[PDB]
Amino acid sequence: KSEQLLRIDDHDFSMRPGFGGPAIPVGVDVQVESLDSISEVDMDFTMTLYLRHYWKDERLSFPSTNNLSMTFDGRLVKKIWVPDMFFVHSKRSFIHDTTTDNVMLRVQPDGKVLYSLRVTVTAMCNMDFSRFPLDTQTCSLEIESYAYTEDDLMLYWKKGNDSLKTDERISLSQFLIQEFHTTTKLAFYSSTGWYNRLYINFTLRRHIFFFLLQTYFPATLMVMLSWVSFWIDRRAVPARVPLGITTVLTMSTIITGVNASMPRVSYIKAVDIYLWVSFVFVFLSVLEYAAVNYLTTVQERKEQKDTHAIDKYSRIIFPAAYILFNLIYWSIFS
Amino acid sequence: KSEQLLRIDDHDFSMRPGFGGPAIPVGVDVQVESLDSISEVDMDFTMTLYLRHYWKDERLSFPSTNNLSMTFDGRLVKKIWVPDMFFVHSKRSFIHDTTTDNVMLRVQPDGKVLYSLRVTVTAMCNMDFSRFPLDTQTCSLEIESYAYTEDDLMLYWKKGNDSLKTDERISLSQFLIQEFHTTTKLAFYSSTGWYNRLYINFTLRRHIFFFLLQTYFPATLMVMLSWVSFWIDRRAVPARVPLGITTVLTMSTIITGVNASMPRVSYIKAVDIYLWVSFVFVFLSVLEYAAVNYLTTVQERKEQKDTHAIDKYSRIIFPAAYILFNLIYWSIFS
Amino acid sequence: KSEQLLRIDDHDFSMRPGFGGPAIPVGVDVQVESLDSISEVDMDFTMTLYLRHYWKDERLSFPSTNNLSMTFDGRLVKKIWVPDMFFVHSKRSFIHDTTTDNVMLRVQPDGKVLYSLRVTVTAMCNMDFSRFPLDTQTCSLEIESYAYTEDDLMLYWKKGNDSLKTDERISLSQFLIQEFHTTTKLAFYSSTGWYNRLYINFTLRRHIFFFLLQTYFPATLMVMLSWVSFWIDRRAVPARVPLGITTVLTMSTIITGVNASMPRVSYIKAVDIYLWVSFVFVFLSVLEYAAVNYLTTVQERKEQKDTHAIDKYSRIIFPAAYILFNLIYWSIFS
Amino acid sequence: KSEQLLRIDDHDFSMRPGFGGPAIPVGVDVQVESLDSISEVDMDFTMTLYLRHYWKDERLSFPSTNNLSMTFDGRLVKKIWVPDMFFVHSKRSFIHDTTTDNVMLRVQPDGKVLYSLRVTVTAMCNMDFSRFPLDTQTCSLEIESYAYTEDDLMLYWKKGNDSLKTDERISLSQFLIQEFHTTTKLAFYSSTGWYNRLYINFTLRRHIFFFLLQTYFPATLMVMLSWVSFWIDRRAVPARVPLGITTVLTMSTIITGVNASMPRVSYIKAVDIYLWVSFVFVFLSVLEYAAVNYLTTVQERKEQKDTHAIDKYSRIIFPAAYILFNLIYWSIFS
Amino acid sequence: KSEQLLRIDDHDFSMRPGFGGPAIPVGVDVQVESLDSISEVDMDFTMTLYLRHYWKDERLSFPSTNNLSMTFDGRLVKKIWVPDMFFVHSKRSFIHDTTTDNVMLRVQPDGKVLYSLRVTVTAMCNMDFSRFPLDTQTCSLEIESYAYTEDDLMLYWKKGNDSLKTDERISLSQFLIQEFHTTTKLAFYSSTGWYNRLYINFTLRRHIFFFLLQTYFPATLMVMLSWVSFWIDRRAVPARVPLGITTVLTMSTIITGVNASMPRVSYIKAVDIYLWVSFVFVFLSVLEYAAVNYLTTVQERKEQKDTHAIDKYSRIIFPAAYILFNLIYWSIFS
Ligand SMILES: Cl/C(=C\n1cncn1)c1ccc(Cl)cc1Cl
Ligand SMILES: Cl/C(=C\n1cncn1)c1ccc(Cl)cc1Cl
Ligand SMILES: Cl/C(=C\n1cncn1)c1ccc(Cl)cc1Cl
Ligand SMILES: Cl/C(=C\n1cncn1)c1ccc(Cl)cc1Cl
Ligand SMILES: Cl/C(=C\n1cncn1)c1ccc(Cl)cc1Cl
Ligand SMILES: CCCCCCCC
Ligand SMILES: CCCCCCCC
Ligand SMILES: CCCCCCCC
Ligand SMILES: CCCCCCCC
Ligand SMILES: CCCCCCCC
Ligand SMILES: CCCCCCCC
Ligand SMILES: CCCCCCCC
Ligand SMILES: CCCCCCCC
Ligand SMILES: CCCCCCCC
Ligand SMILES: CCCCCCCC
Ligand SMILES: CCCCCCCC
Ligand SMILES: CCCCCCCC
Ligand SMILES: CCCCCCCC
Ligand SMILES: CCCCCCCC
Ligand SMILES: CCCCCCCC
Ligand SMILES: CCCCCC
Ligand SMILES: CCCCCC
Ligand SMILES: CCCCCC
Ligand SMILES: CCCCCC
Ligand SMILES: CCCCCC
Ligand SMILES: CCCCCC
Ligand SMILES: CCCCCC
Ligand SMILES: CCCCCC
Ligand SMILES: CCCCCC
Ligand SMILES: CCCCCC
Ligand SMILES: CCCCCC
Ligand SMILES: CCCCCC
Ligand SMILES: CCCCCC
Ligand SMILES: CCCCCC
Ligand SMILES: CCCCCC
Ligand SMILES: CCCCCC
Ligand SMILES: CCCCCC
Ligand SMILES: [Cl-]
């Protein structure tokens, strides 16, 4: 029996190695396999990865006439001491178990141990949509010991920044992913003390040009279309009136359709400001002709008892104001 | 073996400490990690937190030449007595178990015990949408002992209002969160007796200005647009008629689009009252011109065999009535 | 050890109390905590409740110098006999287990037993939507023994109609709930025999006035709007034609929007009949003017080589027919 | 102890009854409780049922002074041999376990056994939507032994066609259900051999008249509406043009709305053919007037330097072609 | 007892067969039962299959007077050594367990073993939608040993390309499936070494003709409809203007409706390019008439103080440009 080469019943494996003395160092490496999904309304993401641990325990040393190591599956985990890592700020997680538990232990003759398992985790990520669609988001995954303070267990990245590897074809459908790196920081709990925490950081971006074509283009086109009435004969009322009202209807169907396709986030974003300002422009172009038609009728009635000046000024004033608004908007939102 | 320092087989751990006598006090602290989601149709919310217990048991005392405590994981829980807390009015819950069970026990030399675990819970919350979007909601989470009355177990907040801590970046996508505090109250069951219950309370609010721009603005604009026809020559029938009917169509597409984007709650809310009143105003503006055109045709036919008075009065009467409705509405709904 | 006061190893707890003789009576009480959700497409509902059992077993009697009872958690259930209740016509269910199993047993000195647990269940409910939105639905939850016929186990409500209690704030978002009561009935299985079954019954209703404002109001308004053309000068073709076609478009957008918001039930309901009849009325008003314009052109051409009679009759005939349809419809559907 | 009446430790219950000799016959009965849901996109359905087995084992015989049988719950299943049935072509399944495992065993004095359990299963069903909404679908559920060939275990329906019972109120929301019956057939696996398989078959149909009113009615009405322009004075251009373009818009909103409400199946179905043909008819009616107006203008200009023949022919030709298309369509698709 | 024919307690089944020496070969066969679902947004698919293993172990040999083998269920798996296969790049998986665990073991007298189980797996698949709806996708499922390198375990397809079988009625609702085959490749891990990996490959395609009718047809029809105004009398302003604006509205409702029905993938696809170009064409046709009407009014006013040339050129220039765009587009995207 291989479990008799390790004197399992001769030691108390409910206490850590080096109990009573300096803290035992534990090194960690991570390999990220994929990014599975992201939820903008609930503000979280899901990832699948491999987690590896490295430490030394003299109680597991065994004699050997060679330098070969012994390998075990997850059934041995319940008989020895192992570190208790958990994921901070997570919502759910599980360990894969097909066709059996995805766990491995390798023991060197001198007592060095490698501990490897495959896991899937869902973690929270606070997001800010004020600058949508030109927003940038930063996310992280955090690892910590549940019950051991820094006086008993010292947790660190085994090879610094070389301890993190990512798959060559990692991707998300609606985002671009960049800038993976690691950091560390100490955390304080009033109930028990100080703990060391490890982080994995990355950044997300959208495809701007899609949103530009999809949203900003049609609104600008309809605003330019509403200016055509300034060049039409003012005597053609049955042509001037339906044009304006139909332009208003069209802008409304555009805005409704654009709403239906964005994530349901109930506060003001940049693209709403652009859309609503454009709608106000279309509205004012209808009031302009109402004033022209009333003044012309008044003059004709007075007389019985050429281009109007308002059209001449509007032809210049409307585009300049729209250009100025665009300059200010794009200087503010980049 | 550390489990031999506690005389586990020398006591009956199916009975509480102090059995036969006064009730044993149990103190509680809570740390809230995040708010995960909220469902308006099903009327519930989900939260993740840390739950800590504190009590004393002389049967767990052990000799020591120092003042160091002993720490255990969840495997010891099945060998000793622990309190049986459950969440009242909950729909589902679970205890996190990656990479192992997220449970800890710490025992002092004199028998003081700390019991800590990490849990996620979904709880009901009755909501009232009568004043939407200007509504305010209050929610709570409740903690109680399943099997012990106040004569056997006395449950209380360990440090009063200082027993509740919340994470600095707690947030929801569509709500603002304020005013966390704790309370206590006694509850009666006819089957078994009196129990003490603990509460955690908080309040939610919406972003009003978003809904104002999104809903109230376009309806007011279309109502003002329908008044333009009062200043148009009454002889231009092919201009007057299509304007009114197209305004009605536009208001209808607005209302349908607004419905499609609100939570599916099938009873009357304030924003429906505003929308429907606006639609009635647009409808009456079309009936006005129908009457004008009939009367003018009658006069002309009679004669063969200037502004009409109705337009002159409507130009004044319609805006005043709308302003009065707005005053009453906003005095009622704040 | 408290489990030595009951002679657990001196009896066979795989057989019922009173084996060999008359059936053992078992009384039941129920406390309903909440109604969690309802699904109209799948035709089911979900509820959370407390279930309590009461029976006597002389094998559990123990000596005592007082009249105090002993209390146990779920770990004792596997050592003694307990009744095997299940829910008939259910789709899924589970027993709550945070922070431990929500089960309790209380044993009197003379052998009386109380057995209490907390459970959540999803059950089927056949619904009929023919009269929507004026429909009424009735639902039930059923309880039965899996393996014991009425010759071995007699199941009954412990206190008649007083055995059912409901929470003071039970509610659903889209329904009104009334008329809770209990009944009993015997059921026959050809495989094994007769069993007694218990029922919990209640009734659901909708908020009619919401649906009236939301659906019936706009359709009636558009039907009345289509009658305006009967009072317009027949010589104004470019006013008469676009009015009718735009009214048809508006009614179509209303019907599409109303469909998008009802539960996806693919058979004919009352509100469809009202909507479709209204659409036919709008369609006939356009055919009326087509006939008028053709006849007028024919007369003018014939002559070269006042109000038309059709308008005069339509002005009377259309509203009377619509009023008659409304009388018949509302006498049929209440 | 009742488990000592059966000599459990005197036999090897890892081998079947009659090992070494002819195959042991096993009879099956099924009672269907409900049909829970159906998914058209994923092509599967879900059902809840009772499954009963019947066989004889002389090793379970026990002495008795009467003819009474002994009943056990699921805990005895792990101590004796039982048949290993599984569901072929299923996606998920589970056995109900509230308030305990829904399993029963009944043993006669002579060794006859009844084995009963309650289960829910989701199974695949390939569907063909070519004839939608006039399609018909056939589904089945299949039962088979996992590890025993027909040489060791003989599986059959216990009472032929009388072995299948269905609940009196079984129903689905969007389908009609008819024609339950059973069959059997032998299956071959190259890895191990021949196995006998049992089937349960049934058929589904839709409510045609709903779809007729919902889809075919409005399209026919708009096609008939487009024919009105053939009777309108050709000199009234501002009446003829907007009518046609608005009819095209209305047909487009109808088709979009109809798409939004059908299951997302991305290939051509019959109702698409009808809709698209109707749209082509509306399109050609606009080209007709374009040609009329150009020819009239040419004639007038030529002259300066009554009904047109095209209208007269169109008034006859358009309805006849539409009627012929309808005859062919409904002779093809029934 | 059959488990005494195999000397289970006389061997250490924590080490592989042939420990210390050359690697043990393990052959694999796969039978695919169904394809359950596919998710385009999350980029994964789900499949149900049978997995079979074949190897030899002299420790399991037993005496026999015949050539009959012994069969066991999953309970024996925990007592002997078996291979530890897992699925690479998977998101979740499970082993079916109704009515018991779907596992089988068959042992020959000479120690040959067959190991069979039924499993369902969800696996990732990166997709590219640039050419939608004319895109083609390739997917794979991968199998690998968790803990044994190629020096200890040699994994291979048992019968080459004949080791893969697929069900005769495998299908997906929205895709066509072709070209199943197998491959193998060696993989390197810096943590432990080289491993052999097996692949199952297949290809997916869409139904093009559906998308052609659904999207490309209406846009082309509306572009052709906008050309009608070039043949209309330029003096009929109240006919020319509403036609153009209504055509713009119709194209907008078409594009919105087409968006609502495609998978929510936020980057530019081919069908967007076609739609947006068509919209620009419709927009330019309105600017054309605006210029014509202004120039005509200028000429008339100048004079007071036939076909216009622009119409004559547009009648030729617009269709040629559209045909050229179509030629380039369909030469690029096939
Ligand atoms: Cl965006 C919208 C209407 N909604 C459509 N879906 C939900 N709300 C709107 C908001 C502001 C303005 Cl100025 C115009 C419009 Cl049309
Ligand atoms: Cl809100 C709606 C129609 N619906 C749109 N989606 C669902 N119902 C409506 C209700 C009342 C009035 Cl006066 C006008 C309208 Cl347009
Ligand atoms: Cl209700 C509908 C169209 N649909 C909208 N969504 C789904 N179908 C309709 C049915 C009958 C009649 Cl007469 C008119 C109409 Cl517009
Ligand atoms: Cl059915 C559709 C547009 N879509 C709406 N939703 C998705 N596609 C269509 C197809 C063919 C024809 Cl000839 C006309 C139309 Cl409007
Ligand atoms: Cl596709 C769309 C609007 N959207 C509808 N749903 C979501 N966005 C659009 C994009 C570009 C152009 Cl040139 C015209 C239009 Cl109408
Ligand atoms: C905080 C931004 C407000 C923008 C208002 C736009 C009004 C058209
Ligand atoms: C009409 C669009 C104007 C865009 C100007 C952009 C200035 C950065
Ligand atoms: C980061 C993209 C900015 C786009 C500017 C557009 C100005 C019209
Ligand atoms: C209880 C509020 C009713 C509001 C009716 C509005 C009618 C336009
Ligand atoms: C036309 C909008 C009027 C708003 C008045 C507000 C009174 C509080
Ligand atoms: C709490 C916001 C009230 C808004 C009043 C608006 C009156 C037009
Ligand atoms: C069974 C009700 C049929 C109603 C048809 C309505 C036609 C407009
Ligand atoms: C035009 C609506 C008529 C409603 C009449 C109601 C008769 C009960
Ligand atoms: C139960 C409500 C009946 C409503 C009748 C309305 C008649 C116009
Ligand atoms: C295979 C059916 C094609 C139908 C094309 C319809 C074109 C209007
Ligand atoms: C205009 C509809 C014609 C329907 C004819 C039906 C022939 C079976
Ligand atoms: C099975 C129903 C056929 C319907 C024929 C309708 C012909 C207009
Ligand atoms: C990369 C493709 C851009 C297409 C732009 C289309 C503008 C109408
Ligand atoms: C107007 C459609 C033109 C299609 C041309 C196709 C060239 C391959
Ligand atoms: C693979 C299909 C190509 C379709 C070409 C259509 C050109 C109008
Ligand atoms: C649109 C502005 C009109 C100005 C009237 C004085
Ligand atoms: C909306 C009316 C405008 C009048 C300007 C004199
Ligand atoms: C744009 C407003 C013009 C007013 C000139 C009198
Ligand atoms: C948030 C203010 C934006 C201003 C754009 C002109
Ligand atoms: C719109 C009101 C008309 C009044 C006719 C007497
Ligand atoms: C709708 C008709 C109005 C007539 C008023 C005299
Ligand atoms: C607003 C109604 C006006 C009526 C004047 C006769
Ligand atoms: C709308 C009915 C017309 C009658 C023609 C005889
Ligand atoms: C639709 C044409 C009507 C003709 C009546 C004479
Ligand atoms: C409503 C139909 C009127 C016909 C009178 C000739
Ligand atoms: C609509 C067909 C027109 C025929 C021109 C020759
Ligand atoms: C679309 C133009 C039609 C011209 C027929 C002569
Ligand atoms: C329907 C086409 C008619 C053509 C007659 C010249
Ligand atoms: C549409 C192009 C107009 C050209 C004016 C010079
Ligand atoms: C949009 C105005 C066009 C003017 C060309 C001269
Ligand atoms: C299509 C542009 C035509 C311009 C001819 C002057
Ligand atoms: C991506 C460029 C497409 C060009 C089509 C003409
Ligand atoms: Cl006109």
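A, B, ... follow the sequence lines: proteins, then strands. Residue 1 opens every chain. Header entry for method reads electron microscopy, 2.1 Å. Just follow the structure's listing: the first ligand is 1, and inside any ligand the first atom is 1. Because only heavy atoms are used, hydrogens play no part in the values below, and waters and symmetry mates are left out as well, while side chains stay in.
Here, the chain sharing the greatest number of close atom pairs with ligand 1 is referred to in UniProt as Gamma-aminobutyric acid receptor subunit rho-1. The compound at ligand 1, a drug or drug candidate, is named loreclezole. Other chains in heavy-atom range of loreclezole (ligand 1) (under 4.0 Å): A, B. Annotation: atom 15 (C) of loreclezole (ligand 1) to nearest protein heavy atom, A:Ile255 CG2, 3.5 Å. For chain A, the UniProt transmembrane segments from the N terminus with any heavy atom under 4.0 Å from loreclezole (ligand 1) are 2, 3.
Considering only non-hydrogen protein atoms, atom 6 (N) of loreclezole (ligand 1) sits nearest to A:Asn259 CB, 3.6 Å. In the vicinity of B:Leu213, heavy-atom distances shorter than 4.0 Å reach the loreclezole (ligand 1) atoms 10 (C), 11 (C).
Among all protein heavy atoms, the one lying closest to atom 3 (C) of loreclezole (ligand 1) is B:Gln214 O, 3.8 Å.
For atom 10 (C) of loreclezole (ligand 1), the closest non-hydrogen atom on the protein side is A:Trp276 NE1, 3.3 Å. Within loreclezole (ligand 1), the atoms closer than 4.0 Å to a non-hydrogen atom of A:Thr256 are 5 (C), numbered from 1 in the order shown. Atoms of loreclezole (ligand 1) lying under 4.0 Å from at least one heavy atom of B:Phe217, given by number and element, are 13 (Cl). For loreclezole (ligand 1), the residues with heavy atoms nearer than 4.0 Å are A:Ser252, A:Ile255, A:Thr256, A:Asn259, A:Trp276, A:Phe279, B:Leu213, B:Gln214, B:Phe217, B:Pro218.
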